[PDB]
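The next block holds one structure in the form of structure tokens; read it before the comments.
Residue indices begin at 1 and follow the sequence shown. All ligand and atom numbering here is 1-based and tracks the order in the structure.
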Amino acid sequence: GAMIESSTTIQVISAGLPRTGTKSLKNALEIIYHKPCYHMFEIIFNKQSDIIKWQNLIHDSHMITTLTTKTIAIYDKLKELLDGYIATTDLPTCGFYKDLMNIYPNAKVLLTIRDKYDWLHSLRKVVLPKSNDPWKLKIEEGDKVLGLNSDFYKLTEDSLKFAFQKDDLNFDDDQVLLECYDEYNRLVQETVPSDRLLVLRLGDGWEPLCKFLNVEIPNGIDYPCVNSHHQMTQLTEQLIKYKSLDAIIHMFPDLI
Ligand SMILES: Nc1ncnc2c1ncn2[C@@H]1O[C@H](COP(=O)(O)O)[C@@H](OP(=O)(O)O)[C@H]1O
Ligand SMILES: CC(C)NC[C@@H]1CCc2cc(CO)c([N+](=O)[O-])cc2N1
């Protein structure tokens with residue numbers, strides 16, 4: 001097809017929870033739009049200074065009215081954080097999908113989903129290990145190497161609570177997490193008009209996404225398949241071994 005000049009503003013809002021193919025989608029959207037897409041990896045690797053800003057936003061967000069003046073101050077902060085990006089995925093953004101829809105009325109919405117038990121397994125291996133899991137200690141050691149500490153974990157927890165609309169949450173309780181997952185995904189599909197929503201199951205690939213976005217399928221490029229828990233386990237172990245990201249970054253070309 002013809003090449004057109006795309007606007008550098010949020011065009012795609014992905015409401016999918018972590019461990020549902022968000023990093024592959026981030027990569028896919030960057031392949032399509034040639035501009036950056038937000039993801040937790042953008043925070044970890046490029047903008048750790050954004051952590052406190054996301055924290056402050058989540059703190060003030062109860063004050064959001066489904067526009068009031070308190071709402072506008074928050075919406076302005078959201079726009080500031082996302083300036084220069086063409087899409088959002090992953091925590092901490094995903095819980096804000098409804099607000100992002102108001103801020104970017106011409107953006108389309110995605111929902112990434114998968115088998116709930118596969119999701120929980122993946123989540124426990126990477127994002128939210130049980131407190132008694134020895135692996136949690138390795139994750140914390142690798143996080144230290146990346147310069148992530150208690151503030152990062154607070155952002156992860158608070159943004160999960162915000163997405164699930166819980167004031168507190170037993171993170172070690174599998175049943176609680178699975179119920180929140182199902183209710184979260186159900187609410188997105190109830191909230192977003194079907195014409196503005198595309199639901200993507202893990203493995204769906206380029207075709208329905210490119211159709212929804214009115215773009216050609218990228219020539220000769222496979223749909224990304226990155227960020228498996230096995231790959232993150234390798235990353236964690238290599239970070240612990242070398243004590244730096246930059247010593248090993250070349251060994252993870254598309255993941256980071
Ligand atoms: N193109 C693809 N096809 C199938 N699974 C994919 C995929 N891209 C990513 N995934 C899976 O999506 C999960 C990562 O999601 P996210 O980037 O949101 O954290 C991983 O699940 P597993 O940990 O079960 O392997 C990864 O394997
Ligand atoms: C040892 C090192 C590999 N650990 C860092 C990890 C890996 C990637 C990651 C991804 C997400 C959501 O994509 C979240 N999250 O939900 O906040 C936390 C983390 N933390």
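PDB records give the name of the drug at ligand 2 as oxamniquine. For oxamniquine (ligand 2), the chief contact partner in this model is given in the PDB entry as Sulfotransferase. At a heavy-atom cut-off of 4.0 Å, the residues contacting oxamniquine (ligand 2) are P18, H39, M40, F41, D90, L91, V127, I139, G142, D143, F152, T156, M232, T236. The entry attributes the origin of chain A to Schistosoma mansoni. Taking every non-hydrogen atom of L91 and a distance limit under 4.0 Å, the qualifying atoms of oxamniquine (ligand 2) come out as 16 (O).
Considering only non-hydrogen protein atoms, atom 7 (C) of oxamniquine (ligand 2) sits nearest to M232 CE, 3.4 Å. Shown in contact with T156 at under 4.0 Å from a heavy atom are these atoms of oxamniquine (ligand 2), numbered in order with element: 15 (N), 16 (O), 17 (O). Of all the atoms in oxamniquine (ligand 2), the ones that sit under 4.0 Å from a non-hydrogen atom of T236 are 1 (C), 2 (C), 3 (C).
Considering backbone and side-chain N/O of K138, none are found under 3.5 Å from N/O of oxamniquine (ligand 2). Within the listing of oxamniquine (ligand 2), atoms 12 (C), 13 (O) sit less than 4.0 angstrom from a heavy atom of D90. Proximity to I139 (heavy-atom distance under 4.0 Å) selects the following atoms of oxamniquine (ligand 2): 1 (C). Remark: oxamniquine (ligand 2) atoms within the under-4.0 Å shell around heavy atoms of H39 are 13 (O).
Considering backbone and side-chain N/O atoms, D143 comes within less than 3.5 Å of an N/O atom of oxamniquine (ligand 2). The single protein non-hydrogen atom nearest to atom 19 (C) of oxamniquine (ligand 2) is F152 CZ, 4.1 Å, given as residue, atom name and distance. Counting only heavy atoms of the protein, atom 10 (C) of oxamniquine (ligand 2) lies nearest to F41 CE1, 3.9 Å.
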